[PDB]
Structure formats: structure tokens, C-alpha cells
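The model below depicts Neuraminidase holding oseltamivir carboxylate.
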Protein chains: 4
Amino acid sequence: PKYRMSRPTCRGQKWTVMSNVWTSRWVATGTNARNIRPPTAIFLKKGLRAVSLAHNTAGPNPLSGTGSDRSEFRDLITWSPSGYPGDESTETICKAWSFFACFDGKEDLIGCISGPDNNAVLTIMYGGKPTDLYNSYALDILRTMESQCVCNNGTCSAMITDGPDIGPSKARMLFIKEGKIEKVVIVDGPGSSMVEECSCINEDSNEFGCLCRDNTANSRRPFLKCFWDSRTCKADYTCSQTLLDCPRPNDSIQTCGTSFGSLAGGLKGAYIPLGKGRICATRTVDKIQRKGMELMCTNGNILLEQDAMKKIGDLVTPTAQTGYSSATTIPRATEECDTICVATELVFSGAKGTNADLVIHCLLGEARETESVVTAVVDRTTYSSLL
Amino acid sequence: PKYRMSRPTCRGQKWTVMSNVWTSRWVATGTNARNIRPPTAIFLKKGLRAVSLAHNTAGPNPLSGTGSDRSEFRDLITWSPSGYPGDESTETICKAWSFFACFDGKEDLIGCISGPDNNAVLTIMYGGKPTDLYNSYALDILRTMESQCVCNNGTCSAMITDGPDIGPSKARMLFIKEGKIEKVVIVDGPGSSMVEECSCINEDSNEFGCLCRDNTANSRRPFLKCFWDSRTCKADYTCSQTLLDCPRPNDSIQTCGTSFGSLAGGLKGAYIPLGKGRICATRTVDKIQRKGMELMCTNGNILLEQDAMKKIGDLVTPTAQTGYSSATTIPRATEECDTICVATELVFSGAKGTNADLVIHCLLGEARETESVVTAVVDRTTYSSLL
Amino acid sequence: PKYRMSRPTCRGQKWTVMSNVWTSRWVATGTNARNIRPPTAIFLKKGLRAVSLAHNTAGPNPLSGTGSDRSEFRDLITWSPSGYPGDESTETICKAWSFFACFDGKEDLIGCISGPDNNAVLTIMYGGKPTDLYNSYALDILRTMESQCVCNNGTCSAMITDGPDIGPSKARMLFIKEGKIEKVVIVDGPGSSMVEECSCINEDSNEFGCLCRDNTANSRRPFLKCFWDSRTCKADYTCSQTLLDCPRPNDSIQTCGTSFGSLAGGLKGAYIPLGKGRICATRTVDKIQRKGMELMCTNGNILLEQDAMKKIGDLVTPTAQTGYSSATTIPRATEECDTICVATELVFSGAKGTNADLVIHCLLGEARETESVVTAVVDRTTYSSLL
Amino acid sequence: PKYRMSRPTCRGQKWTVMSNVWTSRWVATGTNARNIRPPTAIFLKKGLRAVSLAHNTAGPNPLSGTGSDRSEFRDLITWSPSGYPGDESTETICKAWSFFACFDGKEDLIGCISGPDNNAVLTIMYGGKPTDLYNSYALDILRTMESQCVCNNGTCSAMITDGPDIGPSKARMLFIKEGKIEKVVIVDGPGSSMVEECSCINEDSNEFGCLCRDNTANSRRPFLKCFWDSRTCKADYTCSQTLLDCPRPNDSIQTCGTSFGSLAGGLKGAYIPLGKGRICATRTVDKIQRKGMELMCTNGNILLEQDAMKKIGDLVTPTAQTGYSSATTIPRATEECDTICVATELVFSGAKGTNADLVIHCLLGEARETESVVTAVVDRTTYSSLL
Ligand SMILES: CCC(CC)O[C@@H]1C=C(C(=O)O)C[C@H](N)[C@H]1NC(C)=O
Ligand SMILES: CCC(CC)O[C@@H]1C=C(C(=O)O)C[C@H](N)[C@H]1NC(C)=O
Ligand SMILES: CCC(CC)O[C@@H]1C=C(C(=O)O)C[C@H](N)[C@H]1NC(C)=O
Ligand SMILES: CCC(CC)O[C@@H]1C=C(C(=O)O)C[C@H](N)[C@H]1NC(C)=O
Ligand SMILES: [Ca+2]
Ligand SMILES: [Ca+2]
Ligand SMILES: [Ca+2]
Ligand SMILES: [Ca+2]
């Protein structure tokens, strides 16, 4: 076993639907399907895995409080990308109401944040063993990405932040080898005031990048750019007139560098670098509601160009309720790039609480200048009354 | 591990029943037995496995629609040849309403077709990772074999087809190494007009063959013959007076080359080459209803000779409801041939929806000019009211 | 991995209770505990395992017919020696209403007999793959040991029989390497007329032996003695005045060689050779009812001496319902002998059918001239009303 | 694999909560959560594992008697540190109403005591096979630690004791290589009269120590000190004014060497050596009721100095009901010390019987003169009525 190196993502032809997690089907069926939020997909030591926080409950008679963000019962669990949480493939990982995880080629690296709001704590596990920690520095909900960390020759990196969820939230970048924090970088830059829930992908041998959430009125996502060799990072707002966050106003042309938006709030969304020159991102179809999930791409520098990001397609039924989304990269055994998949959360709720389905698209086929998407249908009308 | 090489099947003495999948027993017991259709057996990396599509539901209170063929909830799953779908051995593979799978000696190759009818997509996974795709070319239900692909020195081949399920459905052959499509052959030949649900088996070091379904009035099965070295294929109709499809008229002598039949429809059926000079196949005992499954064999060229195939025996209670059937081959360390087993589907239905049991016969023992069959009994009278 | 060699069993000090399978507890609890008969323990590739035929049903609402011996739904399953059938550790093996199994050091060897009474068939699996078969020669319920086969340097051996269960039942011995029957021995000798359900243990580098059931009026168990080098076997009645079968009359002194007994019927019981000079056996405490299970030993030749076998102790509560019993041998990594354990079946029945618990004693501690037993208490009075 | 060598624990910065076992959550959810008592954590071959005795039952309808200590249905089981007993991770080990376990770097050693009160037996398993026994010597509930044994170069040691739970209970130390008892030491010393439920940890390359329970009025804990090379042990009472047992009177200065206490009873408690010169221990916050669990540390000889131990923090909500506590050590590839975690039991009861949750803290981060503790909250108000 060798450490995976950072490498570009594979370009391709079409985003196909590798699998979906139909949690809601098993909730309505009546099995012990667990309440999960916010699911995504991460490539781990066992292969591709669905990963999510959970609540140490399950249907058909779940306990109260499944809509809560943080609690003593919150959980980090993984299961098969075509399974459901609570089935045979389910693995419990750690205590957590915020998490990250990734696989460096030898072992799984895991961040588990829990504890009280005024002094929460990141516990780092490597190989199933607790190996290190990180302490709250703003004393106001230390928290992390809710998606994959990123790795290269034994160094994995992971964003954390801490601070008022309306005011400033000065983020930090951790660099971790065999579960030990070797370096902590404070992220400065014109898009650093409030950065959270970064979705990070390796872009090339020496660089990775993230698209984050700004929970302030700003609708332009902060972008974190990091370099492996120097272990350094910086943040800038996206300049493309295509606003990626939710809620947001209409797309419009504004001078680069500054924040833009009138609607407080935010949503975690995927960063999908394609090859060394292309940038894609997911955004909701609805400007205010978390409905739909469309893929937008440009070949230009989205930090420097107000040029709009073209729509490649609808990952999901555009009126279906969605939620978070993030990508992960999976090795391709016979060429120098990683397959990239994006997982979008499909939130639902009812008499059995808040919960989420998952859908996983992957970019496959020979490289194309402009790709297309297979739309995943989300239609619960034949069983929603049992949810 | 070495790549498995194509080799003839082992002759034997008797078809014995290796195991039952008694899905109906567990449905009536009350456990979370999943609704499955076309189930069959395939030799995978874990060993012999029962393989089927499912609906992301289970008893005792299944969701509506288990009878449907293609929905967004359809998935591909595998379990123990002697277990039941949903039990501890169950593994969820991918999103699929049509599938193929096989094991090349190093990894499982898996083909998962889903998406809309007018533009479905085959996603190809190898060793658990999505590696490639193939797009719809007739824009009318791209689909595939619902049984094993075949392999040799890292190359595995799989039939796909596309087009109206009554009109022309010109099929194609994929040749795949490590999950990457290396060659696509349009299959031509006098029996190639409408070809689907091919059941394929390695015949010899350089040959493999398939017996397919023609869904028109024609009751002679299309037979696909392929050569590994040239990666080349051809389709011809069977000629023997023993008509293999269901529905069919009486057996009768007719000139070779042309289709023949009076009732539209079809049924996936097993091709069972036995050694180098012997051909067997399965067919329903009933000419019109999917009831019973008898085994017919000949030592002649079924594509060139009208001779009746000799009924070897009844795999199953001949008035029992059956369904699809197909074979798979299992390595034998002792000699240079593979063991061959046939799986026959046993469809049932009731209060808990549409579903199926499975029975698995294997040819074992000293080679015999003519073999016998243990008839697996199918009698549900003691518990059918709970179905 | 090397093949295990035949070696003597380890002498010791006390029979301790390594574990029990409390099927009845989980039946009363209300989980999906499976109806099993007749359980025993066998050392397999995964370690010590509880092994039994089952019925493809489970509580809390089992289907009818769990008291049947042979049926299409009968099953061979294994699970953890301290588990229960149907729990997480359960493995389904094959179709079977009669079975054997053992582990040769590289792979598991398994015999699965099923099919109709007038022509049943043994299917042999090696390593999870069907490898060979054996055919009914008396056309009257081919059947086998229901306990471990025995192995040595790749040859495992297993008793089978066939014939009227009241009249003659001329048994045969199979010798099997990598799943292939290499030799079949017809067992002659003055105790061969009716031999079934042999319980076989390796005794020394070149010899194994079995204590069998004679279902005729005879209460003296047939003993099969076999030699590895010549692959040969012979049968003689036990001569000890201590009658080991059930039902049986009082112990009494009679001339060696002949049958003795007045009560038709029989029961499978354990053969426990201790070292190279000692012979133990289990028998019911009650002479007619299958209640209790006591261990009897002698250092003399039980085929040649009417000397009584001394009672070492009560494996189980002497008034508790028991059933079958048989031993299995487990390697001891640091000396030339195998630990021996005896598993006794504890049958129970009720509103949820016929079923069985299991208890496993093993002989541990430094060698003693006369050993002792820890009595396993069997008392269901706090939950039996839920059975 | 190499045998693990005895080595000091790692100092750190903060006790963080690695995971909850929320058995109560799953009992109230309605799944088959098993009733467990004294649960703790132990590093085994699989990794960190939650370990406990159980009753061969589970919710939602458990069988009577879950409150009992020693019955024929008691068994030893292990599961995920973040799962629940009975879930997918559950493993059944042996029959036991008292136990120990550890992993020597190659295999799990496991000690299982069961049998009648006046003659119980310790069965010793190594790597899954029964290897040895130890017999009752006081004929009054032979019993053991209910926590990890300790290992070094293939030798693992375990405390056992025997005798009235109020009168003298002279303990013994077993030294075991590959499951065979190599040495038994009668532990003498001024604190050796009544010694039970010792919680033992490797202290340095040649030393390990235990903090035990004295079930008389005495509230100073017996401390066992053992040397690996001589395989030699001794028992002395703790002297610090900080009384560790429960029930206890107020802390007060008293002369070293003698017992001291006013209330009969006792409670298993954790010994937590930290590096070479530091000692911590757990005790209830409440002096009489098993409520809360605070961590106390000193850098002095607790056996020779009256100095109070400094309260480091509350592991748990201090009015929450707790129970047993004990530590385990986890290898660290990065340096020459082991990580140390403490598991505190959280007993609950109700309609579904007696049961327990588990919380697991681990010392992580840069070494600190004095460490802090994340307080794991225990609040069941939202679901307790279902317990
Ligand atoms: C990091 C974003 C912010 C932290 C307070 O709120 C998030 C928004 C969420 C949301 O908008 O849906 C759900 C997240 N579970 C929550 N994170 C935490 C740690 O509570
Ligand atoms: C749509 C054509 C197709 C033949 C390949 O019909 C099949 C017939 C079936 C049948 O005759 O029972 C059931 C199959 N699930 C179905 N396959 C798909 C993909 O829907
Ligand atoms: C080999 C013994 C004889 C065979 C007819 O009866 C056995 C007696 C049994 C018994 O006495 O309890 C149960 C066994 N399941 C049965 N075996 C078969 C194959 O049916
Ligand atoms: C019988 C003495 C013994 C102390 C080692 O009492 C323990 C006290 C217990 C307790 O105080 O809660 C519960 C333990 N399960 C019990 N152990 C056994 C073996 O019964
Ligand atoms: Ca915003
Ligand atoms: Ca047809
Ligand atoms: Ca008899
Ligand atoms: Ca005390």
C-alpha cells in the first residue's frame, strides 16, 4: 500500500447515476432506517461509502429531536452507497455532530467534532484509533466540512472554523499525517471573514481547492485555494455572475472581490474541478428554497471573471427538495486521474422525523468539451404518506 | 491472482440441487425478505452468489409497485445462494433496472443500466469503482442480459441491446478489460433482428455462446457465437424442432435459418454447453404459461440440424410456476473444465407483491453420455395464504 | 496453510462449558430465531462453529412443519458457538436434510444430502464450490452422520448409509480429497447390519473411530474402526455392559459380538477417545426418554470387555430434555494433540414449533487419570410459557 | 505480527469523548438492544471494542431477570465502541458471568468464568479456541476483573479471586502465554485481604498496576503492583486522603497502610497511570450513590502519601447515574507510549429491565502538566418513559 498522490480529476462525457440511498423507501417499508443529516459520499478504505451524521435512532418509531443539529446522541456512520443507513453495511464511527473523513491510501482519517457549543473539540482518528485533537479557538461551535478531507503522500488537509454563525467565522486549515496535526494555517484573503462547510477536491499534483458556504447575506461562495508543497491557503469570493449559494438573488454582474447578496443564510455545495482547466459547481434550482440541484461549469477563472457558468444539466428532479451536496474522488487504476462523483442530499420529513435520501452521480466516459447529465427522478408520491 | 481463462464446461453424471433461495418462506415467516425479479446465480469474487434486481422494499409490508420493471427505486443486489434477499449475506451493488456481472479472476465486473426509457445509460463498475459508460443508441430502453458476463485473460464480454421490444432490436457486444470498454461489435446475422436477454457461457479456449430471447412471434432462440481472439460475434436462429422460447407452438420440423413461431412474447432461457460437443438448454414444460423447467440436450449443431433435443429431465415440479433461467460456470482446481450450474427463477405473487424464489442445479460426477436430474420440488401449500 | 494431520485428542482435567446456544431464549424474546434440529459443534475454517439443519423459517411466527425430518425447505446453516441460529453470525451453506462437514486445514469440506426418499443425492462442496456427488444405492433415504467428517493430510472421511430404517442399513465410508471421492468402502463386520448417524473422531496418526446408532432393538452401539493408510474400515458392536443407546434396558453382562436390546429405536451419541488409551461416550440418563446426558469412560477395549464404563459426570441437568450429541476436535497450537469438545442437543418445543438449544463442553487442563464435569444447568421455567 | 510490549501510557492535553454506546436510545427506539452490565472498553484484535456480559435477551420485550448477576444465560459479547449491543457489530464470545480479555499483538486472550457458585470455573480461550482452565479454590464465586488483562512479549496477566464477598477474598494473579497458564501468584501484602474487580494497566516496560475493589467497609482501594520479569505481585492500600471507592465517608487524613471506611460495599474503578510519574483514578461524585464520575490525579506515590488527588474534571454529568469504570491502552505508531482511554458505565433501568450505556474518553494532544476533560452530557428526559 502506497499513499495516494494528489492528481487531477478525470474529464468525461456524462454524469451517470451510480446509486441512490432511498432512506425514505425503507422508512415507509417499516425497517430500522436511521435518521440522517447531512449525507454525502466519500471514498474510504472499504471503497466508496455513503457517510452522514445520525441520531442513534431509527424508524419505524423514532425518538424525538431528529431535526436537531447538535446533541449528545449525534453520530457519525457510514454504509453502502446503494444501501440505507441502518442496514447490514452500516458502520458506526464516532461521537460527532460535525465531521470529516478521507482515505490516504493506507488508512482512514476521520475528524469527529462534538461537545458543548462554548468549547467543542475535534477528535482525530487514524486507522480506527484516536490519535489527536483540536480545540475551539472562538468558543462558539467549532465545526468542520461535513465532507471529505483531501490527501497527498500522507498529508491530508481539512477545513475547520469557529465563531458566530451570523458574524465572522475565521476558518483554519489543518494538515495531518497519520492522524497527527503537523500544521495549522489561518486562512486570510478577501473572502475569509465567514467561511464554513467547505467542499474540497484535489485539483493537481500540488493544489487543492474548496467551495464554501458564507452564511451571511453574501451569495458568492468563498473559494479556498491551497498548495500541498508549502501547505498554504488563501480565500477569495467567486466573481462569476452565477450565484451558487442558497438563498440568493438573481444572477447579476458585479465587480470582483467583494461580497454580493441580500438574503442571509447559506447552503453547502459541491466544488467539481474537471481536469486542470474546468470548474463546475452545484446550485439549487430555486433561488430561495432548497429545491433542485443543477450543475454549472466554466473553463475560466471564476474568481476573476464575471462570465456566467453554463448549465450542464439537472442532477435531480428540479422541484424535488434537495439540500447539501459535495464531491469525492475515486482512483482510476489505469490512468493518472481520479474519477469524480457528486453526492446530493434529498431531505424529507414527516411523522418519522427529519431524514435524507442521497444520490450519487459520477463523471464517466471519454472526455468531452461539454458533458451532460442523467437526471435522477425523485418522486415519493406512492409512499410519502408513510413518512 | 491470475485472470480466469476461457475453458470448456465439465461434463458429468447428474444435475443435483445445490441450494434453494426460498424467498417465499421468509415472506410468509414475516421477516424483511425483499421483492426480487429476474434472479439467477453468478460466480463472483465472494464465490457463487444469488444475484437479482430489487425494488428497495421488503416484506411484511412492501411498498406498492413490486410488479413494475423499471423505476427509480430499482437496484442490483447479491446474497447467499442458500439465503434470502435481505438476510445477513445481502450486498447492495448499484442503481439498476437491467444488469450484468461476472468475475475475471481478480475483480468483479458489474454493469448497471438505469435512467429514462428514451435515453437509459449503462454504468460500468470494476472492483467496486465506476469505470465507464455506454449510452443508448436506439433511444428505446437500452438493456442487457440479466445474467453473467463471460471472461478470458482479463477481457469480459456482455450483450446489450436497444430498440422496441417488438420491432427490430439490434444488439451489440461489449468487450471490457478492467471496466474499460475496448471493443463494441454490432451483432449481425440471420438471427440478429431482435435479440435480448442473452444467456452466455464460455464454450472453449477461444469460443463462447449465448441463447437469447426474440420477443416477436418467433419461438426459435437467437444464438450468439463469439470468438475471443478476433473479438467477433454472429447471430443465428436455432434450427432444432425443439422450440425453446415461451410462448411457442408445438415442436415441428422447419427449414433452418428462418424464424418460426405463432405467439408474440418471450422468456430468458439458459444456454448450457457441456464439454466441447454437447448443447443443452432449458424451456418451460408448458408451451404458453411460464410453468415448469425441463432440460433438453443434443450432441449436434442446433443451428444446422432439425433433430429434436432429448429431454434430460425436469429441474422442477413441472406444474410449478417458474420464470427466467440462466447458467454460470465455476472454476475447478482438479481439471481443466469449469463446473456449470443452472439457476431457474420461480416467480410467486400475493398480498406481499410480486417476488421470486431461486433453485440452483449443478452438473457433478463422472462424465456420462447422458445425464440425469434431481427434480427440485416446489410445493407452497403449507404457507401460501401468507404470501 | 498445511493440511491437518490425524493426531490423538488431548487428555485433561475437567469438562468446562465453553458456550451454550440458547435458541429458546431468543424464541421467547421474540427475535427471528430459526428452528433447528439436530445441532452440534464442528471445527471449521472460521473456527469452532455451531452447525445444524434448519427449515427456512424463524420465530416469532414460524411456518408449520418444523418437526419434519425431510422436506424441500430443509437447510444446512452454521453460526457462532455462543450465538443463536439466525443472528448476525449465521451462514447458510446448502440444501440439505442430512449433512456432514469438517475442515482439512485449507478449506471446508461439506456433504449435503437432499432429494426424494427413493433416490436422494449427496452433493459434496469443497471451498464453497460444489465438487462431487454420491448416489443412493439402496433407494431408501441415503443419509449421513449429522456431525463432523474426519481429516488427515487432505483425505477426509465420512460415513453414509442407505436402507430401511428398521431393517438392514449397510453403511459405506467415503474418502475425499479436495472434494473428490477417491475411495468408497463397504463396511462389513459383526456390527454392520444397521449402522447410522456415526459420530467420528481421529484417534491417532493412523486411525479414527466412530460410535453409531443402531435403530433396531439393539442397544449396543456399532463401532466403526478405520485406518488412514489403507483407507479401510470395519464394524463391531460394543461389548461393555454399559448400554449407550436410547432406548435401552438395564445394563447387563452379555457375551461380546452379538446384538443386545429389546426396545426398537435409537439415538445419535458422541464418541470421545481420550489420548491413545481411553474411551468415553455420552448416554442419556433416562433409559427410555431422551433426558439428561452423562459421560461414561473406560480405559479398556469396549469391543472386547463387558467391564462397565464408569460415569465421569452429568454434562447437563439430568432431568432436562436432551437429544443428539457428538464431539469435534480443535487444534492445540503448542502440542501434538487436539482439544476435544462434545456438543449435546437440548430439544424443546411449543407454540413456535420444534427447536433445539446446544451446549458445548471441552476437555481442558492438565491430564488426569479420571476427569470431572461442570454440569450445565437447563432450566426454562422463567420463560417457557413463551415457547 | 509482533507481540505487544509493555510500555508507559501517553501523557496529553485533554480527555475527549471518542464515542457513546447509547443502549438506552435503542431500547427506547424499539430495536433488539441487549441488556448488558459491567460494560467497558478493551483494545482487541479488531481494534477498540465495547465489551460486556449480557443475558441472551434484548428489547423491546426482554425476558425476566436482566438484573441478576450470575445465571446460566449470562454470556460475554463485544460490539462497536459507537454502536449498541445487539447491532450489526455484535460478536458473541463465550459463556460467562465473569470475564477478562486482551490482545497480545497476535491474538485475543479471553477469560470466561461460569458454573455453580460453590465451584465455578475459568475457561481460557486464545485466538478463538479453548486452551486452558483454572478451578475454584475457595468454593465461593471464583471471579475476575470484568476488564482488560495486560500483556508483554506474549505474556498476559489477569487477576482472579475467590471467597466470600464480605469476608477474606484472597486474590491470585495468572500469567498466561498463548492461553496456557504459566504462573499463578498468590497476591500478599497489607492490602490483599479482600481484593476484587481489579482494573489493571501497563505502567512501564517492566511494571503494571491495578486499582481494585475492597467490598468491606474499607474505602481505600487495594492497589496491585506487578513486575513482568519476575512475574511477581503485591497489594497495598491507597493512602491519599481522596477516597476512591463507593460508598465512602468524607475525605480525611489517616495513617498509611491500614484500611479505612465506614460503609460496606464497593465499586469497580479505573486505574489510569499517565506516563511514568503520574496516577489518576475515577470515582463517583456522590459519596454513597453511584452517581457521576470525576477524574482525580496526583504526581506522588498514592500508596505512601496522604496528599489529596486533584480533581481534573467531570467525565460525565455529575448527577447522572454511572457504575463501573476502567481503562484500556491502545498502541500508538508515532511514539513509544500507548494512548489511554477510560470507559465509564452509565446504568439505567425501567420497563425493559436493567441495562447500561457506555462513554469512552481518551487522553490526546500535547503532553500537559495538568489536563482537562470534555464533560459528556447524559440527559434522557426526551425518551426515558420508554425505558
Ligand atoms: C456550519 C454551518 C452552521 C454551524 C452553526 O449550521 C449548519 C447548518 C445547517 C443547515 O443549514 O442546514 C445544518 C448543519 N448541521 C449546521 N451545522 C452545525 C455544526 O450545527
Ligand atoms: C423492455 C424489454 C425487456 C426485455 C429485455 O422486457 C423484459 C421482460 C420481462 C418479462 O418478460 O418478464 C421482465 C424484465 N424486467 C423486462 N426488462 C426490462 C428492462 O424492462
Ligand atoms: C439416520 C436416522 C434416521 C433416518 C431415516 O432417522 C433420523 C432420526 C431422527 C430422530 O430419531 O430424532 C431425526 C433425523 N433427522 C432422522 N434422519 C433423517 C435422515 O430423517
Ligand atoms: C459476587 C461478588 C462480586 C464482586 C466481584 O459482585 C459483583 C458486584 C456487582 C455490583 O456491585 O454491581 C455486580 C457484579 N456482576 C458482581 N459480580 C459477580 C461475579 O456476581
Ligand atoms: Ca449566504
Ligand atoms: Ca418469442
Ligand atoms: Ca436401538
Ligand atoms: Ca468498599
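The order of the sequence lines fixes the chain letters, beginning with A. Here the PDB entry sets the residue numbers for chain A, with the shown residues being 80-466 in order. Chain B is numbered as in the PDB entry; the shown residues are, in order, 80-466. Heads up, chain C uses the PDB entry numbers, so what you see runs 80-466. Note that chain D carries the PDB entry numbering, so the residues on display, from first to last, are 80-466. Note that ligands are numbered from 1 as they come in the structure, with each ligand's atoms numbered from 1 the same way. Just so it is clear, the values below take in all heavy atoms, side chains as well, and ignore hydrogens, waters and symmetry mates.
Every copy of oseltamivir carboxylate considered, the relevant parts of the structure are ligands 1, 2, 3 and 4. The heavy-atom neighbours of oseltamivir carboxylate (ligand 3) at a 4.0 Å cut-off, by chain: C. Taking only nitrogen or oxygen atoms, main chain and side chain alike, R222(C) does not reach within less than 3.5 Å of oseltamivir carboxylate (ligand 3).
By heavy-atom distance, the residue among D148(C), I245(C), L346(C) lying nearest atom 16 (C) of oseltamivir carboxylate (ligand 3) is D148(C).
Using a 4.0 Å heavy-atom cutoff, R292(C) is listed among the residues neighbouring oseltamivir carboxylate (ligand 3).
The protein heavy atom nearest to atom 18 (C) of oseltamivir carboxylate (ligand 3) is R149(C) NH1, 3.9 Å.
Look at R369(C) and you'll find a heavy atom under 4.0 Å from some atom of oseltamivir carboxylate (ligand 3). The protein heavy atom nearest to atom 10 (C) of oseltamivir carboxylate (ligand 3) is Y403(C) OH, 3.2 Å.
Between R116(C) and oseltamivir carboxylate (ligand 3), an N or O atom pair is found at a separation short of 3.5 Å.
Looking from atom 2 (C) of oseltamivir carboxylate (ligand 3) to the surrounding protein, the closest heavy atom is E275(C) OE2, 3.0 Å.
Regarding atom 17 (N) of oseltamivir carboxylate (ligand 3), its nearest protein heavy-atom neighbour is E276(C) OE2, 4.3 Å.
The protein does not reach atom 6 (O) of oseltamivir carboxylate (ligand 3) closely, with no heavy atom under 4.0 angstrom from it.
In this structure, the binding site of oseltamivir carboxylate (ligand 3) at 4.0 Å (heavy atoms) is formed by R116(C), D148(C), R149(C), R222(C), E275(C), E276(C), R292(C), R369(C), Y403(C).
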